[PDB]
Amino acid sequence: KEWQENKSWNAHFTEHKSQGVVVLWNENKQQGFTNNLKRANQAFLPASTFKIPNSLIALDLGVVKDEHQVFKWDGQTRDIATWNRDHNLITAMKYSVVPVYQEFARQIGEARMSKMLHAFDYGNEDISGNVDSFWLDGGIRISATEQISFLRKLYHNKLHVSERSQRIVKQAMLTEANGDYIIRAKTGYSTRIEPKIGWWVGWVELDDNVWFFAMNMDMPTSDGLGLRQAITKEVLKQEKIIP
Amino acid sequence: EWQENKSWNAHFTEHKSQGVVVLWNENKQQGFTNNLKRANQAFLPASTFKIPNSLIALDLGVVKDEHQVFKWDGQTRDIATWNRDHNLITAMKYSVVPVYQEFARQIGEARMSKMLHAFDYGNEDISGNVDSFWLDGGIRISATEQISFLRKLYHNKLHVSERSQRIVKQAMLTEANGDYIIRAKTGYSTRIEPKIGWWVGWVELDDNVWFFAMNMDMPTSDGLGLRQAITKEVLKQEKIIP
Ligand SMILES: C[C@@H](O)[C@@H](C=O)[C@@H]1NC(C(=O)O)=C(S[C@@H]2CN[C@@H](C(=O)Nc3cccc(C(=O)O)c3)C2)[C@@H]1C
Ligand SMILES: [Ca+2]
Ligand SMILES: [Ca+2]
Ligand SMILES: [Ca+2]
Ligand SMILES: [Cl-]
Ligand SMILES: [Cl-]
Ligand SMILES: [Cl-]
């Protein structure tokens, strides 16, 4: 029923001297939960979490033929050392390799990008800036609860792209697996336009249920980046979702 | 070509056991093993047959997809995890035999045999009962024949739909972290001597995949964790995982 606040989760933010929101959705029970109902609906730039729809679109249109296709380094040295090599969809996702996804966006084109985001009902559906950086510094915006809504369609293969493309993106989202749970998720870090924030959105697969999640948090500097996952799983342990 | 590495035997004798580990570097097209004869010895697949059984069930529509629930038939059985409802993901993770015995009966002897010929799976022999031939019938498969089958699956080149193979590989997911992904399936063959345990699958890296297939003697069920334990120590020794 509706969305419950639960500001006790704030203690793991203040624990690590931080402020942000965490939003969970129980798929069996169709109930929501968050430490901050109003930050849950604040729309921000998606930054690198835009790689989920951008991969879906690129795959649906044939810009990416499969998760094995190699995407050649263009030769510019960039600060994140892992970007300066060849990549496929899996590794490009894993290392949030932006130049590979900018090339996808150029090849997709503004018209086909905008059409597809409307068909996804993705955030505010506005791609106002340049075609290869609007999700980093242009007009698009999405809330935490709007991330969940999108992810739920992807889990059920209900987005208007091919089932095969959704399966592949779901394979590429794989982050962690063990006897107790599977995590498919994607990080982000919006630096170009204030407020500097870091994202983590995905879902937990259990034997018998699925818990979707989406968090964001103030990220003045790059050294607090690990608290995106770390805090989220502290919430997850508290609600006994993961051991 | 195939290289023998007897130093791996330390991790078997560490644990009062004997068996074979087989590794295949996909980038370099070279395999390795601690025992070349055992590597090519054919045993019953036991529950590693759930990989092809799943593929045929999905390709023929016996299973719609990975979320379709399979009803507990009521009967209580030794392994507690079996006595509940399952989908494909959990039926594999817990090796729920009754669910797969049901798949096989609906697949039928004819289609099951045609598929195993098209998979070139082991000795391609399904003599015995429709619902148990992989436990106590005629089918046999070696560690190196498991590798060959799994490489086709990795590349989607088995004579079934791409969708089927993708789904089965999702269901094979076992472990994942920042360093590696293991997709794999266990087995434990007791109905016919020699009693043995299986672990077959592969390790995905950023830039390579290592296929593995191991089996070991398994006199009691208390050694079953050695399947993963011993494999992982070979992988550590070969610097495939940290
Ligand atoms: C024909 C079937 O009856 C037989 C087919 O090969 C079943 N398949 C399996 C199997 O595992 O393949 C089992 S054993 C049971 C389920 N899996 C074991 C396990 O995960 N054990 C486990 C898992 C993790 C750690 C440890 C340990 O000993 O430390 C042990 C416990 C069944 C008898
Ligand atoms: Ca805490
Ligand atoms: Ca050892
Ligand atoms: Ca043959
Ligand atoms: Cl990006
Ligand atoms: Cl089975
Ligand atoms: Cl997967």
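Lettering: A, B, C, ... assigned in the same order as the sequence lines. All residue numbers given for chain A refer to the PDB entry; the residues shown span 23-265 in order. Chain B is numbered as in the PDB entry, which gives 24-265 for the residues shown. Any value given below was found using the heavy atoms of this structure, including those in side chains, with hydrogens, waters and symmetry copies removed. The header says X-ray crystallography, 2.2 Å. Atoms within a ligand are numbered from 1 in the order they appear, just like the ligands themselves.
Of the listed drugs (ertapenem, paliperidone, momelotinib, astemizole, chlorhexidine), the one at ligand 1 is ertapenem. The macromolecule with the greatest number of heavy-atom pairs within 4.5 Å of ertapenem (ligand 1) is, in the PDB entry, named Beta-lactamase. Other chains in heavy-atom range of ertapenem (ligand 1) (under 4.0 Å): B. Binding site of ertapenem (ligand 1) at 4.0 Å (heavy atoms): B:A69, B:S70, B:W105, B:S118, B:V120, B:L158, B:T209, B:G210, B:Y211, B:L247, B:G248, B:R250.
Listed in the PDB entry as the source organism of chain B is Klebsiella pneumoniae.
Atoms of ertapenem (ligand 1) lying under 4.0 Å from any heavy atom of B:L158, numbered from 1 in the order shown and given with element: 1 (C). Here's the thing with B:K208: none of its N/O atoms is less than 3.5 angstrom from an N/O atom of ertapenem (ligand 1). For atom 21 (N) of ertapenem (ligand 1), the closest non-hydrogen atom on the protein side is B:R250 NH2, 3.9 Å. Counting only non-hydrogen atoms and rounding to 1 Å, the UniProt active-site residue of chain B nearest ertapenem (ligand 1) is B:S70, 3 Å.
Of the protein's heavy atoms, none falls inside 4.0 Å of atom 17 (N) of ertapenem (ligand 1).
Polar contact check, B:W105 against ertapenem (ligand 1): no nitrogen or oxygen pair lies under 3.5 Å apart. The protein non-hydrogen atom at the shortest distance from atom 31 (C) of ertapenem (ligand 1) is B:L247 CD1, 4.4 Å. UniProt lists residues of chain B as binding beta-lactam; of these, a heavy atom within 4.0 Å of ertapenem (ligand 1) is found for B:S70, B:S118, B:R250.
Contact atoms of ertapenem (ligand 1) toward B:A69: 6 (O) (distance under 4.0 Å to a heavy atom of the residue).
When distances from atom 5 (C) of ertapenem (ligand 1) to the protein are checked, a heavy atom turns up under 4.0 Å. For atom 13 (C) of ertapenem (ligand 1), the nearest protein heavy atom lies 4.0 Å away or farther. Backbone and side-chain nitrogen or oxygen atoms of B:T209 are examined, and one is located within less than 3.5 angstrom of a nitrogen or oxygen of ertapenem (ligand 1). Of the polar atoms of B:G248, at least one N or O is found under 3.5 Å from an N or O of ertapenem (ligand 1), judged by distance alone.
Taking only nitrogen or oxygen atoms, main chain and side chain alike, B:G210 reaches within less than 3.5 Å of ertapenem (ligand 1). For ertapenem (ligand 1), none of its N or O atoms has an N or O atom of B:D245 under 3.5 Å away.
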Exercise answer, ertapenem (ligand 1) polar atom pairs (N/O) under 3.5 angstrom:
residue	atom	partner	partner atom	Å
ertapenem (ligand 1)	6 (O)	B:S70	N	3.2
ertapenem (ligand 1)	6 (O)	B:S70	OG	3.3
ertapenem (ligand 1)	6 (O)	B:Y211	N	2.8
ertapenem (ligand 1)	6 (O)	B:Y211	O	3.0
ertapenem (ligand 1)	11 (O)	B:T209	OG1	3.3
ertapenem (ligand 1)	11 (O)	B:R250	NH2	3.1
ertapenem (ligand 1)	12 (O)	B:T209	OG1	2.7
ertapenem (ligand 1)	12 (O)	B:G210	N	3.3
ertapenem (ligand 1)	12 (O)	B:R250	NH1	3.4
ertapenem (ligand 1)	28 (O)	B:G248	N	3.1

